[PDB]
Amino acid sequence: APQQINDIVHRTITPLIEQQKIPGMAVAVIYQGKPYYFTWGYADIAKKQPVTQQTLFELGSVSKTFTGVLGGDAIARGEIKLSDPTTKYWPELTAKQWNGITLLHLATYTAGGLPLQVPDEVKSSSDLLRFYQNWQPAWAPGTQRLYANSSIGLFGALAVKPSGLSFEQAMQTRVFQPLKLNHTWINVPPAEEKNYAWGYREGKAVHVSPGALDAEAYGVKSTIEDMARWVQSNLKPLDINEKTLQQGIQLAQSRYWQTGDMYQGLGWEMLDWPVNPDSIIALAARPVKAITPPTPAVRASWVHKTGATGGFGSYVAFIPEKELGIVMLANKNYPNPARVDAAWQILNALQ
Ligand SMILES: *C(=O)[C@H]([C@@H](C)O)[C@H]1CC(SCCNC=N)=C(C(=O)O)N1
């Protein structure tokens with residue numbers, strides 16, 4: 001832990017924890033390709049359990065990066081094509097609004113207005129089909145971006161259909177295991193419960209609730225160590241031995257659409273580096289310009305993903321061209337601006 005990294009990290013995170021009243025936090029900085037860990041506070045306030053490098057945190061929306069890479073891997077395997085109509089994988093989706101909506105639109109939130117959340121009412125596979133059949137797009141496909149769990153969630157569920165594997169089995173065997181993310185789970189096993197941090201919302205300990213397509217959109221839990229490893233894998237995909245996976249990682253970081261200064265990948269979001277911090281709301285509908293054809297992963301990019309659950313807030317960002325990256329996991333959902341400002345403060349300093 002070079003003193004410079006210790007210094008920038010502690011000087012940035014200590015005040016953050018104090019201002020945001022965060023009970024527990026873990027950070028990993030990947031510098032010149034190697035990880036450095038830092039931990040503060042509590043994983044469980046009541047039982048006085050501290051945050052350690054083995055504490056599991058709910059990644060919330062950061063889970064989408066895993067879904068995007070798993071989708072990229074299925075593409076790489078030839079199991080699906082992003083240009084394929086959604087109906088090719090869900091024939092029961094006969095409603096006419098689906099004509100022209102492809103797996104690319106689902107993966108990138110450009111299907112035409114799918115909702116941020118699947119309604120809680122949807123439980124069964126039957127209610128889900130009914131939800132998508134009855135959904136009425138406000139816009140034609142590929143014209144506007146509206147971040148949506150019901151959009152990338154459907155993408156994740158359909159991308160694994162050809163494999164015959166459940167989404168969780170596919171994720172475990174095709175992404176977690178090959179990358180040695182041995183403490184990353186969609187469902188936390190009883191043996192690992194001792195390490196599962198509690199999230200805190202209004203001072204109350206809470207864990208994420210089950211919901212339709214939760215695994216695919218916001219259901220992964222992981223340790224600061226596994227997330228540092230996930231960041232290393234995304235920083236340098238070429239070191240990954242599994243060909244299809246190496247490929248999927250690259251596909252998830254290609255630039256499919258542009259909205260202002262940001263580009264939409266599969267899961268990951270990117271901005272050209274260098275980026276102004278200030279340049280990095282329940283619903284923000286934004287027109288998008290298609291990148292035809294998609295730009296392959298650009299090394300000079302700030303690649304990132306923010307995510308939260310009712311009780312946790314997380315952020316991951318990295319710059320391929322600098323072999324630099326960071327992961328910040330907390331068991332309190334605090335403002336996104338504060339997460340990005342802290343990450344930029346640290347990475348700019350190490351830049
Ligand atoms: C990630 O996808 C999640 C969710 C839609 O599954 C979003 C939710 C939030 S915070 C929304 C309002 N909550 C207030 N306590 C975030 C975020 O990272 O800010 N991600």
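Sequence positions, counted from 1, serve as the residue numbers for this chain. Computation of the quantities below employed the complete heavy-atom set of this structure, encompassing side-chain atoms and omitting hydrogens, waters and symmetry-equivalent molecules. One-based numbering, in listed order, for ligands and for the atoms of each.
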Inset, instruction - Give, per the PDB entry, the macromolecule that holds ligand 1 with the most contacts. - result: beta-lactamase
Inset, instruction - Give the PDB name of the drug at ligand 1. - result: imipenem (open form)
Inset, instruction - Ignoring hydrogens, just give me the one of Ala282, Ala308, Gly313 whose non-hydrogen atom is nearest atom 16 (C) of imipenem (open form). - result: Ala308
Legend entry - PDB source species, chain A: Escherichia coli
Legend entry - Heavy-atom proximity to atom 3 (C) of imipenem (open form), best of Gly307, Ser63, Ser61: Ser61
Legend entry - atom 12 (C) of imipenem (open form) touched by protein (heavy atom, under 4.0 Å): no
Inset, instruction - Please verify whether a non-hydrogen atom of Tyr315 lies at under 4.0 Å from imipenem (open form). - result: no
Legend entry - Taking atom 18 (O) of imipenem (open form) as the reference point, the nearest protein heavy atom with its distance: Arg339 NH1, 2.9 Å
Inset, instruction - Classify the contact between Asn333 and imipenem (open form) as side chain, backbone, both or neither, using a heavy-atom distance cut-off of under 4.0 Å. - result: side chain
Inset, instruction - Could you tell me which atoms of imipenem (open form), counted from 1 in the order shown, lie closer than 4.0 angstrom to a heavy atom of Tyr147? - result: 1 (C), 2 (O)
Legend entry - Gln117 heavy atom under 4.0 Å from imipenem (open form): no
Inset, instruction - Would you mind finding which of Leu116, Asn149, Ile152 brings a heavy atom closest to atom 6 (O) of imipenem (open form)? - result: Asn149
Legend entry - imipenem (open form) to chain A UniProt active site: nearest residue and heavy-atom distance: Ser61, 1 Å
Inset, instruction - Give the residues of chain A annotated by UniProt as beta-lactam-binding that have any non-hydrogen atom less than 4.0 Å from imipenem (open form). - result: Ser61, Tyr147, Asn149, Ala308, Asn333
Inset, instruction - Could you establish whether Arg201 and imipenem (open form) come within less than 4.0 Å of each other, counting only heavy atoms on the residue side? - result: no
Legend entry - Atoms in imipenem (open form) with a heavy atom of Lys64 nearer than 4.0 Å: 1 (C), 2 (O)
Inset, instruction - List the residue and atom at the covalent anchor point of imipenem (open form), or write none. - result: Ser61 OG
Legend entry - Binding-site residues: imipenem (open form), 4.0 Å heavy-atom cut-off: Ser61, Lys64, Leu116, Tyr147, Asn149, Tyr218, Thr306, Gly307, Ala308, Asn333, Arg339
What does the contact table look like for imipenem (open form) (nitrogen or oxygen on each side, cut-off under 3.5 Å)?
{"unit_1": "imipenem (open form)", "atom_1": "2 (O)", "unit_2": "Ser61", "atom_2": "OG", "d": "2.2"}
{"unit_1": "imipenem (open form)", "atom_1": "2 (O)", "unit_2": "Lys64", "atom_2": "NZ", "d": "2.9"}
{"unit_1": "imipenem (open form)", "atom_1": "2 (O)", "unit_2": "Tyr147", "atom_2": "OH", "d": "3.1"}
{"unit_1": "imipenem (open form)", "atom_1": "2 (O)", "unit_2": "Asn149", "atom_2": "OD1", "d": "3.3"}
{"unit_1": "imipenem (open form)", "atom_1": "6 (O)", "unit_2": "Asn149", "atom_2": "ND2", "d": "2.8"}
{"unit_1": "imipenem (open form)", "atom_1": "18 (O)", "unit_2": "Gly307", "atom_2": "N", "d": "3.4"}
{"unit_1": "imipenem (open form)", "atom_1": "18 (O)", "unit_2": "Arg339", "atom_2": "NH1", "d": "2.9"}
{"unit_1": "imipenem (open form)", "atom_1": "20 (N)", "unit_2": "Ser61", "atom_2": "OG", "d": "3.0"}

